[PDB]
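The model presented next includes chloramphenicol.
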4 protein chains.
Amino acid sequence: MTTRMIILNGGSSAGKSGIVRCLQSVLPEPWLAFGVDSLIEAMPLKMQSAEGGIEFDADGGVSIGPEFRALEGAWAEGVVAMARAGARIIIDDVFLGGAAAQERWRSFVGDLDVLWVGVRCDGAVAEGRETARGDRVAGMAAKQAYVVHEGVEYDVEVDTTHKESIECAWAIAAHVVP
Amino acid sequence: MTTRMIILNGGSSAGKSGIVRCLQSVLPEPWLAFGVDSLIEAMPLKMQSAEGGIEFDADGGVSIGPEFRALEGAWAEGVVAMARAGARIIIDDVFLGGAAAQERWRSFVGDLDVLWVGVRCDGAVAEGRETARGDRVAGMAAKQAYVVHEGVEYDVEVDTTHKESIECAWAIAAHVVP
Amino acid sequence: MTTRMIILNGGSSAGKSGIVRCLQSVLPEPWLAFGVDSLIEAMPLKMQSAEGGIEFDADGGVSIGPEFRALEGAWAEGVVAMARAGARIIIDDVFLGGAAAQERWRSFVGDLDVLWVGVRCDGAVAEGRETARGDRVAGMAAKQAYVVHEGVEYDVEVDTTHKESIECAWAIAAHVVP
Amino acid sequence: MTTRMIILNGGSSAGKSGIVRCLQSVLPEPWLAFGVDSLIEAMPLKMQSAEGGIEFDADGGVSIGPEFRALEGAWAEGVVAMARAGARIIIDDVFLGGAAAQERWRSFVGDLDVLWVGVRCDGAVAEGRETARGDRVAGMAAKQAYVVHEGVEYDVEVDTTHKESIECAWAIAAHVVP
Ligand SMILES: O=C(N[C@H](CO)[C@H](O)c1ccc([N+](=O)[O-])cc1)C(Cl)Cl
Ligand SMILES: O=C(N[C@H](CO)[C@H](O)c1ccc([N+](=O)[O-])cc1)C(Cl)Cl
Ligand SMILES: O=C(N[C@H](CO)[C@H](O)c1ccc([N+](=O)[O-])cc1)C(Cl)Cl
Ligand SMILES: O=C(N[C@H](CO)[C@H](O)c1ccc([N+](=O)[O-])cc1)C(Cl)Cl
Ligand SMILES: O=C(N[C@H](CO)[C@H](O)c1ccc([N+](=O)[O-])cc1)C(Cl)Cl
Ligand SMILES: O=C(N[C@H](CO)[C@H](O)c1ccc([N+](=O)[O-])cc1)C(Cl)Cl
Ligand SMILES: O=C(N[C@H](CO)[C@H](O)c1ccc([N+](=O)[O-])cc1)C(Cl)Cl
Ligand SMILES: O=C(N[C@H](CO)[C@H](O)c1ccc([N+](=O)[O-])cc1)C(Cl)Cl
């Protein structure tokens, strides 16, 4: 029953990265963190200008093509492989495809023990934080705030609308089996 | 009565930068933002290793020497000069010297119309956010949370302990005379 | 004859920022660094989406409107004011307007002692570095490589095409009167 | 004979990251990039303050403990797993242990087709660039410039002392079998 992977899902500006660093500080054993964002940074820059890659609409929409998806797949497998190799992994994701996305993960994970975490946050509030951070495309927060969880099943749910990252971290750590 | 400068004061991780970007988005006229941090980034790197410069204790303490202070002074004058030249300026500061610090500003400002803003936040909560951001020296938040406001007089006060940046932004904008 | 300001001019990716940090390390007295880029970061984000602000064409072109120019002006005056106040200032600029730009500076500077530095670099090579850094809009380097110096007069010229930043730094420092 | 992984080795400031982005732009197929630095960013912050983790001496030295090494191991396996899954991977490493380090990789890689790249650069020059970038601990460049290659065998060697990143990129791409 030892937890091997902690997969978090939430919309942009919902507070995931903040929760991730807190978890890494709180949890006693070292946990590696990776996510759709670190994956993007690891993909070639041109992937962001290629049709079957990832595209950022000016209104904050996000489109994903097969070239991008294909790469992501091998990446996912590698992350699972790290867990298998004995590294405790935290995944900061954004299930744009809702349930479809969670399934995709389930397939790569297999019988590996995973803690599915849901990070919610009022769209309006997320949108406010989006402005405050100033480093995201205005509109992503709102567009993602809800559709991301539709049909997704979690083992734990935190809502950053009125809870600090460190607090949400404590709630999540409590469900982590050593 | 037109506001020329908005000087914010608060401890590390209290939420100032977030409020600043919100203000820049909210306010109709363009406001330039500068602060102790941009000043630091503009000072030579070695200033951070020189005795009369700025020193960061491992426990999160911050010491300021005369070499640093001298530079800061000319900088302050320049910022005031920008206001005088007609640029709307926002200053994100950290009054380590409490009232002493506010006086220092008053001297540079003169009869220029300034909106003194206080950004408060529970030390414990600030410390939590400090961990979540992971890019500050652990301990700064708590050490600064309160001593920074002792003896300081504001025209407006916001407390980020339970208020989003955008909200605090709205409260502050309301006191800005066009 | 003491040098109060060091104004560098060069196209994107020509190597200015690198030379700037070297100068700050080399020069014995503390020099504050500021530039078109720090100014941009200090301007509201929306300035980048407003017509009379600054616009970044997808091919790497850069357009500047009056709203942006107006702000820049007050900023320039403030920087000069810092020099006057006794702070040694380094300005990392990009004379898009060639000679016109240098004149604009001359007007703000007045009789202040300034060291005009020219940072050149082969367009092709600059374009290569542009790719290597991956954090600029492809095409800026080439578009700026030359037009930026047309009609501009320097006291010192360095060419980073075959010279390291630290070397160019040494050449520039040598012309700085204490 | 299709190349699955490109493993680059070089000392800090030798120019690897710059070469990596160029390769990602040059190579026709998408290549994911990862390295000791992205791994560090993915490890908990505290790993940098824990004895068996990674420690940064003030003079630029770097020490690695077993806790850090253990994690790195599972990470290495995961990266190899990504290659196996069909993702083209580029690894930006720093063989502090010289030959010992290359062996460690050979063990994880197995019979996977790998292109071993060596990125050299004169210590003095690397040290100069270290200053110019200003975001590394002074002294790392020099300490690493040479010891890193002792006993290491490459399929290709580039020297950034007098060659631009894009050029070195071209030399390396030429040895990549599709
Ligand atoms: O802005 C970014 N990422 C955010 C999420 O952190 C963006 O909203 C996003 C959402 C989903 C996504 N995906 O699922 O492939 C990619 C980017 C990075 Cl490009 Cl910096
Ligand atoms: O190289 C490109 N495109 C082709 C299709 O025109 C290609 O198959 C591709 C798309 C994205 C990509 N990536 O992320 O590196 C790589 C190759 C464009 Cl990005 Cl210029
Ligand atoms: O960490 C930093 N700054 C914070 C404040 O944002 C630090 O707490 C600090 C506080 C006061 C200060 N001062 O008043 O000179 C300088 C740095 C910068 Cl060095 Cl990145
Ligand atoms: O140059 C240095 N120090 C002397 C005193 O030893 C000097 O007067 C000084 C201190 C800080 C500084 N700065 O911020 O650039 C500049 C010069 C050290 Cl930083 Cl190496
Ligand atoms: O990319 C940027 N700046 C470069 C120069 O460093 C861009 O080429 C540029 C050039 C000139 C300019 N101007 O003169 O107003 C503004 C940006 C910043 Cl937006 Cl990050
Ligand atoms: O606020 C805006 N525009 C008007 C004109 O429609 C305005 O006068 C302005 C433009 C740029 C700007 N800035 O940089 O903050 C401020 C106000 C747009 Cl940026 Cl939404
Ligand atoms: O400074 C850093 N990394 C450089 C290399 O890019 C440092 O020189 C270093 C070298 C070797 C290393 N290792 O082999 O574990 C880790 C960091 C990161 Cl901590 Cl930002
Ligand atoms: O938690 C810590 N240490 C113990 C040993 O005292 C621990 O086993 C450990 C070290 C590094 C680490 N990491 O990278 O997350 C995790 C746990 C210190 Cl970092 Cl406070």
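Chains are designated A, B, ... according to the position of each sequence line. We're sticking with the PDB entry numbering for chain A, so the shown stretch reads 1-178, in order. To match the PDB entry, the residue numbers of chain B are left as they are there, and the shown ones run 1-178. Per the PDB entry, chain C residues shown: 1-178, in order. We're sticking with the PDB entry numbering for chain D, so the shown stretch reads 1-178, in order. Just so you know, ligand 1 is whichever comes first in the structure, and atom 1 is the first atom listed for that ligand. What you see below is based on every heavy atom in this structure, not just the backbone, and it leaves out hydrogens, waters and symmetry mates.
Structurally, the greatest contact with chloramphenicol (ligand 3) is made by what the PDB entry calls protein (chloramphenicol phosphotransferase). Other chains, heavy atom under 4.0 Å from chloramphenicol (ligand 3): B. Filtering the residues that UniProt lists as binding ATP in chain B by heavy-atom distance under 4.0 Å from chloramphenicol (ligand 3) yields B/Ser12. Looking at the UniProt active-site residues in chain B, the one nearest to chloramphenicol (ligand 3) by heavy-atom distance, rounded to 1 Å, is B/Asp37, 3 Å.
Taking every heavy atom under 4.0 Å from chloramphenicol (ligand 3), one finds B/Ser12, B/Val36, B/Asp37, B/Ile40, B/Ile54, B/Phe56, B/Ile64, B/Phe68, B/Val94, B/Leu96, B/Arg136, B/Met140, B/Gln144.
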